[PDB]
Amino acid sequence: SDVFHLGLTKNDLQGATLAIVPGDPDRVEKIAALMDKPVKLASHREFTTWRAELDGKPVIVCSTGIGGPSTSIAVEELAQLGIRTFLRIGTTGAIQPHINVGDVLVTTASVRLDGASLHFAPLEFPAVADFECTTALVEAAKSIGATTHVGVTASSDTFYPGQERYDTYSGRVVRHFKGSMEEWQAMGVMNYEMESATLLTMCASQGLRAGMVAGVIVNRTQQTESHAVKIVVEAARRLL
Amino acid sequence: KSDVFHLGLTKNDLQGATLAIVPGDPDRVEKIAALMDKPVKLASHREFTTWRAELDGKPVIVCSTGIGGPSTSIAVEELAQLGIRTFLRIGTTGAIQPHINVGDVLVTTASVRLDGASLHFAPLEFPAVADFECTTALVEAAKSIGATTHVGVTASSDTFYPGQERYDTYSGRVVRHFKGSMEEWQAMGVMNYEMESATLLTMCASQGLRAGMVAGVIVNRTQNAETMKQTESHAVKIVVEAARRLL
Amino acid sequence: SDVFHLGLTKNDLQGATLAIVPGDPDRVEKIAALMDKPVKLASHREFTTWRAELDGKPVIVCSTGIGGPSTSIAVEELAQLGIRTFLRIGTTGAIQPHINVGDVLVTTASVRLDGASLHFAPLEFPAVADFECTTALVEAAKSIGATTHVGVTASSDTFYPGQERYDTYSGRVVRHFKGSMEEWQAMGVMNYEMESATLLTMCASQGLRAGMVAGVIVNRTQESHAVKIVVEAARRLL
Amino acid sequence: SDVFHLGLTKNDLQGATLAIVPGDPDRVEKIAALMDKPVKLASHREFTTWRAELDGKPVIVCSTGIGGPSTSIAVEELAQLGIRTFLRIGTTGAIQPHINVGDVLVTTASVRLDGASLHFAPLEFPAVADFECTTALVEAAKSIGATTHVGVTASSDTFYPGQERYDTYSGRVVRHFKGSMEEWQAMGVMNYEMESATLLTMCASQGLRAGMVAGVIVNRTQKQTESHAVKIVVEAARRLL
Amino acid sequence: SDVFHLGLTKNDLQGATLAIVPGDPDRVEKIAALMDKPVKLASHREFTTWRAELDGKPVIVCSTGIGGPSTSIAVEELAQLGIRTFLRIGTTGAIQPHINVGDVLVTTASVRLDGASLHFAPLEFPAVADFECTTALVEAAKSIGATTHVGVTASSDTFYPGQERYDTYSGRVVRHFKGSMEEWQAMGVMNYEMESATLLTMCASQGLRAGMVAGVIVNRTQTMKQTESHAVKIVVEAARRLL
Amino acid sequence: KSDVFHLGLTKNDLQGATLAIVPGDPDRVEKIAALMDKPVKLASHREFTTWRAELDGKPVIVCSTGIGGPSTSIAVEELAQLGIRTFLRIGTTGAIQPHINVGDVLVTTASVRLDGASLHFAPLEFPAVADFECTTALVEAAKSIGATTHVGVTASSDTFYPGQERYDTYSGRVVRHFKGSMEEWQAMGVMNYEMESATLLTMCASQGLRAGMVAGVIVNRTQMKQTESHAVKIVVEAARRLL
Ligand SMILES: O=c1[nH]cc(F)c(=O)[nH]1
Ligand SMILES: O=c1[nH]cc(F)c(=O)[nH]1
Ligand SMILES: O=c1[nH]cc(F)c(=O)[nH]1
Ligand SMILES: O=c1[nH]cc(F)c(=O)[nH]1
Ligand SMILES: O=c1[nH]cc(F)c(=O)[nH]1
Ligand SMILES: O=c1[nH]cc(F)c(=O)[nH]1
Ligand SMILES: OC[C@H]1OC=C(O)[C@@H]1O
Ligand SMILES: OC[C@H]1OC=C(O)[C@@H]1O
Ligand SMILES: OC[C@H]1OC=C(O)[C@@H]1O
Ligand SMILES: OC[C@H]1OC=C(O)[C@@H]1O
Ligand SMILES: OC[C@H]1OC=C(O)[C@@H]1O
Ligand SMILES: OC[C@H]1OC=C(O)[C@@H]1O
């Protein structure tokens with residue numbers, strides 16, 4: 001391995017410069033199977049990596065695991081191996097009543113409720129997505145006629161208190177996060193997830209292109225995975 | 001007289017307008033409105049000069065913000081009260097990347113929040129991000145007139161001098177927090193410095209208002225008073241063209 | 001001109017070292033008229049500059065516009081041109097019940113609810129007024145017999161949510177500022193305005209003298225006068 | 001399942017109240033193998049769970065994945081299912097010259113260079129290990145005669161800039177982290193790893209017991225002994241039943 | 001004197017490397033009196049110092065006064081004079097219902113509600129007690145059979161608003177501290193006192209060993225002389241085990 | 001036996017005093033009181049020594065705060081409960097400007113808040129500003145005795161050592177946050193370092209109490225009994241003007 005965690009060398013990538021990065025290791029082969037000549041390259045910890053061919057060009061699919069820290073490792077090591085464009089495809093809970101389960105969300109920038117982003121840029125730096133990547137994702141979405149919303153996402157280091165869930169062992173939330181969901185809702189934030197603040201900040205601050213799409217699996221105020229996967233693959237096609 | 005405390009405007013004055021172009025300089029307001037049909041001066045108090053005009057048969061506002069987040073926040077708030085829902089900022093900027101030339105046009109996707117006013121609308125972790133439709137329109141508009149365009153992140157400072165790490169000043173020094181900061185933003189790919197976008201983008205993105213940001217490069221902090229006029233005009237045509245796409 | 005924004009040269013100031021700095025560019029000529037030999041020097045953006053004379057000495061009057069950011073430009077550029085003493089004269093909203101519209105407020109120091117002050121000194125540094133400047137303002141106010149209150153001011157980068165106004169487009173205020181007015185009230189803070197934290201910090205941290213006086217125009221519970229005091233204080237500071 | 005991620009029911013644990021929590025899903029079976037009647041319960045995302053038996057008492061082995069966020073999910077959901085004691089066994093880079101590759105480190109408390117801990121307690125709250133767990137880990141280490149150091153650990157949300165590595169794509173480190181390693185060294189900090197701040201803070205602030213032990217696999221100033229750290233954590237678990 | 005505040009020379013310590021550090025200058029003699037050959041060395045400001053002998057070895061007793069700032073001077077200056085181990089013995093208010101007046105609390109680590117700790121290490125660094133010291137205190141407590149609790153302590157730069165007391169001149173508490181006591185209670189914090197965050201941080205970040213024990217003199221949800229005596233016996237016995 | 005928890009004073013003991021001079025050092029209390037009429041010791045507990053005396057026929061209090069914001073905050077709170085409304089701190093300080101000489105007296109208009117206790121009264125953005133009348137009284141008093149006097153900003157630290165960027169210590173290092181800090185304060189015109197004013201000024205200005213601050217310079221970082229006496233004469237004269 002050329003890198004500490006992924007168990008990959010630059011030769012393994014066959015010159016690929018674009019990666020699709022789902023959170024779940026099990027989703028990797030599913031994404032790769034939509035493309036040509038899919039092959040498994042490696043699997044270590046939460047990092048499962050497949051290579052495939054899109055319009056004759058090699059593309060990588062690599063899982064990040066849950067959270068900014070594991071995401072930061074995958075992105076950095078892929079960047080060392082030559083990846084320059086990163087498309088995250090995820091699952092999220094919507095926090096707006098007009099967003100329905102099954103819809104797709106394209107993130108322009110994220111509320112940084114994570115710690116890893118701070119390791120790349122101070123808090124005042126925006127966790128903003130690459131304009132070309134966002135454009136490609138929005139177009140891909142419309143391309144298959146998915147119901148699409150574009151806007152801000154809250155990206156949390158936690159699934160529970162950081163997303164103001166009380167269905168927990170302790171049944172309480174630290175002061176800092178009390179009333180936070182209502183605040184983000186009032187500010188128009190679409191959804192919660194757990195990797196975008198780290199991904200977008202680390203790429204935007206290092207000259208790497210990143211974009212973010214997710215299928216809504218729940219709505220906190222009130223099939224889809226395959227929809228979102230089709231979209232991220234089609235967006236990749238436009239960025240090759 | 002007015003339905004708002006600072007701008008001296010009534011809702012009837014806007015005649016149903018829902019989009020506003022907001023330059024920083026009061027003197028650029030007439031310049032912008034003239035590019036459009038039926039310009040008429042509405043009001044002028046403090047740093048806020050407001051003209052109405054017409055675009056493809058649609059009423060549009062041009063209103064100056066003055067320098068800085070705090071005067072910007074007043075203008076944006078009061079226009080929103082009067083019914084404005086889309087704000088397009090047209091400004092001047094100092095570039096900090098060598099590959100960016102005077103005369104180029106910058107479209108901001110999002111801003112580093114080196115301001116105080118953004119914090120009155122959202123905590124620091126919230127991104128000072130531009131609306132996607134507005135940014136798209138600005139980028140499409142710049143390509144329409146064939147300007148040299150860069151799209152990316154801008155640092156938005158509450159100060160012209162120490163916050164942009166200028167040392168050619170009365171004290172000649174910069175507080176610890178900002179020492180070495182220009183080099184940091186440069187390394188992080190930041191295109192330029194200006195003084196209003198963090199406030200504008202944060203206050204709009206957190207209140208359901210659409211906002212975009214374009215600026216003409218008038219200096220490069222790594223590398224003509226006449227060019228400053230040509231660049232301005234280049235940037236002005238772009239924001240008007242973008243406006244037409246957002247009606 | 002010797003400076004980027006103000007459109008002034010050092011010779012323009014004619015040796016002046018004291019400036020009176022209103023927020024409103026429209027108030028400049030008004031203030032300068034109270035003194036001798038008033039003449040317009042320049043007007044660009046929110047920056048209108050007149051020169052005048054007080055007891056035979058040249059003095060500047062220059063608008064800052066609204067907010068710390070434009071204030072920081074004006075002060076820096078005036079300092080480059082030789083100004084050493086800055087007297088702000090402003091308008092304010094009182095937040096104590098006992099303070100009446102028409103009263104005059106002299107600021108000893110400000111709560112830093114601004115961004116620009118941080119570009120000169122970290123938050124722990126006090127946005128404190130110069131002692132001589134404050135003295136002259138308080139004596140001038142007792143001189144003409146205005147009802148004066150002396151104390152701490154909250155200086156905000158916003159007119160609306162940072163002063164906890166709810167009469168707005170959104171009708172809401174970000175968590176950080178909910179209940180803030182009541183908090184400043186309990187701490188004995190007199191008023192809100194929008195430039196003093198930046199002015200006082202930038203001057204106190206660079207060896208410049210600054211003072212701050214304002215006229216109450218609203219009471220969050222319930223000009224010619226303030227201007228008169230600021231002019232008389234200037235005389236005492238020449 | 002009774003929980004959103006781990007795919008486990010309370011019945012699956014069979015009354016277990018203690019869990020050993022490695023970072024790596026592939027280490028789970030190895031740990032369970034040291035005990036009696038090991039059986040695999042589930043595997044979803046980076047969460048692999050086995051159950052085994054220690055002195056005839058049921059115990060859980062469940063991987064956290066890398067980082068505070070996935071750790072926070074594992075700990076929370078395990079707590080919902082009845083777990084009250086958590087013992088992390090990890091790998092680490094030592095940052096003191098006197099500490100040798102292969103040594104075992106027991107963490108009394110962590111420097112909080114993570115984000116998830118803040119979702120449980122404000123920064124001023126200490127990321128401190130439970131006294132009984134720490135005592136059990138030290139005694140176990142003593143028991144098997146391993147070279148052991150006891151002290152403070154730096155727990156980072158990143159492997160790279162948060163541990164002030166410059167051998168990277170960008171080759172630079174954000175201002176906040178420049179000179180940080182030398183600072184922790186001067187302050188006697190033993191090592192870096194990536195989950196303890198979240199684990200210790202979330203447990204200490206919710207009445208759950210947690211301890212942390214790790215095998216040194218690199219020395220930033222300078223055979224993995226994973227198996228060495230593993231025997232100690234199992235022996236410590238025995239003392240905590 | 002070899003130091004700026006304590007009025008002590010290295011020779012005064014007679015080779016001592018352990019100090020017991022009460023907050024109250026008046027408690028110093030009481031503690032020393034439990035030991036052999038107690039002798040008064042100096043008294044300046046809030047810093048009263050005695051020397052004594054514990055199992056034949058010289059030990060120091062030195063008051064810190066109230067608060068991290070004076071504590072930081074005493075610990076620094078004692079370190080210059082050769083002290084490497086610091087055991088604080090204090091008085092505290094319990095904030096858990098199950099903890100009674102007269103109980104003894106041993107602190108594993110502290111919530112840093114102080115300013116002085118920040119002068120030694122950034123806030124993310126834990127105000128954690130030395131493991132050997134904590135162990136000695138817990139074993140000493142069991143030895144004399146006191147009702148003992150072991151855990152986290154909130155260490156505040158104020159006695160009043162920082163401990164959310166409203167029985168005060170102003171009757172109010174600044175926003176940051178409103179609702180704070182209930183938050184610490186929910187997080188299992190045992191008690192409030194005013195010196196441990198500074199002590200534990202400054203020691204843990206400089207290779208010095210520190211421990212912290214206190215007697216409960218009030219319960220904030222629900223004798224003082226006796227309590228003081230119990231805690232003093234424990235800190236002395238712990239010191240014996242750390243020689 | 002006491003109306004307050006730490007000071008050991010009842011309100012009747014104050015005999016209607018509404019002003020207190022508050023030195024840091026308990027041992028300076030009697031000295032200050034001896035400048036006035038009918039001085040009597042009231043109490044001594046911990047670092048809090050209190051005397052009462054008479055100035056121009058009016059009762060006045062002298063009460064030591066100990067070193068640091070935390071003990072200061074206790075003294076001020078409990079004195080305020082006892083009826084004190086005006087507080088004049090008299091301290092010793094290290095100058096950090098070349099033009100300020102040893103023996104000079106400094107009047108503080110406001111302080112840099114390098115402390116923790118001030119945060120327990122007001123958030124950091126609130127100014128640790130002195131009362132205008134007290135400052136005026138101190139400046140006039142200083143002119144009255146013809147001391148060499150400077151008026152300005154003071155840096156108020158929770159530590160004597162790393163917070164004042166001293167390297168003459170056991171560990172010989174300073175945490176990143178304070179590296180290069182002294183040069184920065186100097187550049188900003190800060191006059192001096194001491195350890196109680198940020199807490200005193202903040203807690204007073206935010207609770208309707210009057211506070212002023214004067215100190216004698218006993219060291220200059222860039223370049224003591226008599227100096228003490230000079231500042232003491234000034235604080236007593238300022239007190240006369242504030243009765
Ligand atoms: O981070 C999240 N992922 C998926 C969800 F459904 C959710 O609510 N939060
Ligand atoms: O804020 C700025 N506006 C314009 C400039 F040229 C510049 O450098 N900075
Ligand atoms: O900044 C302000 N100026 C004037 C006012 F009346 C007010 O309330 N706030
Ligand atoms: O987090 C870490 N784990 C393992 C290492 F070797 C290291 O350096 N850092
Ligand atoms: O700091 C404290 N010491 C003693 C107490 F009783 C208390 O409540 N708080
Ligand atoms: O806090 C201080 N008091 C006295 C001094 F001389 C000094 O330098 N610092
Ligand atoms: O279930 C939690 C996961 O879904 C969304 C994310 O971002 C998390 O990884
Ligand atoms: O000259 C400063 C102005 O130019 C750019 C900005 O943003 C400021 O308004
Ligand atoms: O209305 C806003 C103006 O009034 C008071 C201030 O300080 C602002 O400049
Ligand atoms: O390789 C990174 C892993 O090692 C130590 C940790 O804490 C991480 O999980
Ligand atoms: O009463 C105040 C004292 O008690 C506990 C502490 O830590 C203080 O020194
Ligand atoms: O020696 C320390 C003392 O001097 C100045 C202060 O404020 C401290 O109390």
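To find a chain, count down the sequence lines: A is the first, B the second, and so on, and within it residues start at 1. Side chains are part of it too, since the values below use all heavy atoms of this structure and drop only hydrogens, waters and symmetry mates. This deposition comes from X-ray crystallography, 1.8 Å. Start at 1 and go down the list; that is how both ligands and their atoms are numbered.
The drug assigned to ligand 5 in the PDB is fluorouracil. Ranked by contacts, the top partner of fluorouracil (ligand 5) (the one with most) is named in the PDB entry as Uridine phosphorylase. Counting only non-hydrogen atoms, chains lying under 4.0 Å from fluorouracil (ligand 5): E. For fluorouracil (ligand 5), the atoms closer than 4.0 angstrom to any heavy atom of E/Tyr192 are 1 (O), 2 (C), 9 (N).
Which parts of fluorouracil (ligand 5) touch E/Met194 is read off a 4.0 Å heavy-atom cut-off, strictly below it: atoms 1 (O). Annotation: atom 7 (C) of fluorouracil (ligand 5) to nearest protein heavy atom, E/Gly93 N, 3.3 Å. When only non-hydrogen protein atoms are considered, atom 6 (F) of fluorouracil (ligand 5) lies nearest to E/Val218 CG1, 3.0 Å. Scanning the protein heavy atoms around atom 8 (O) of fluorouracil (ligand 5), the nearest turns out to be E/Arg165 NH2, 2.8 Å. For fluorouracil (ligand 5) and E/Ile217, the ligand atoms under 4.0 Å from any heavy atom of the residue are 6 (F). Of the protein's heavy atoms, E/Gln163 NE2, 2.9 Å lies nearest to atom 1 (O) of fluorouracil (ligand 5). Among protein heavy atoms, atom 3 (N) of fluorouracil (ligand 5) sits closest to E/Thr91 O, 3.5 Å. Around fluorouracil (ligand 5), within 4.0 Å by heavy-atom distance, are found E/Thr91, E/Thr92, E/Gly93, E/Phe159, E/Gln163, E/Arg165, E/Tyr192, E/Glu193, E/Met194, E/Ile217, E/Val218.
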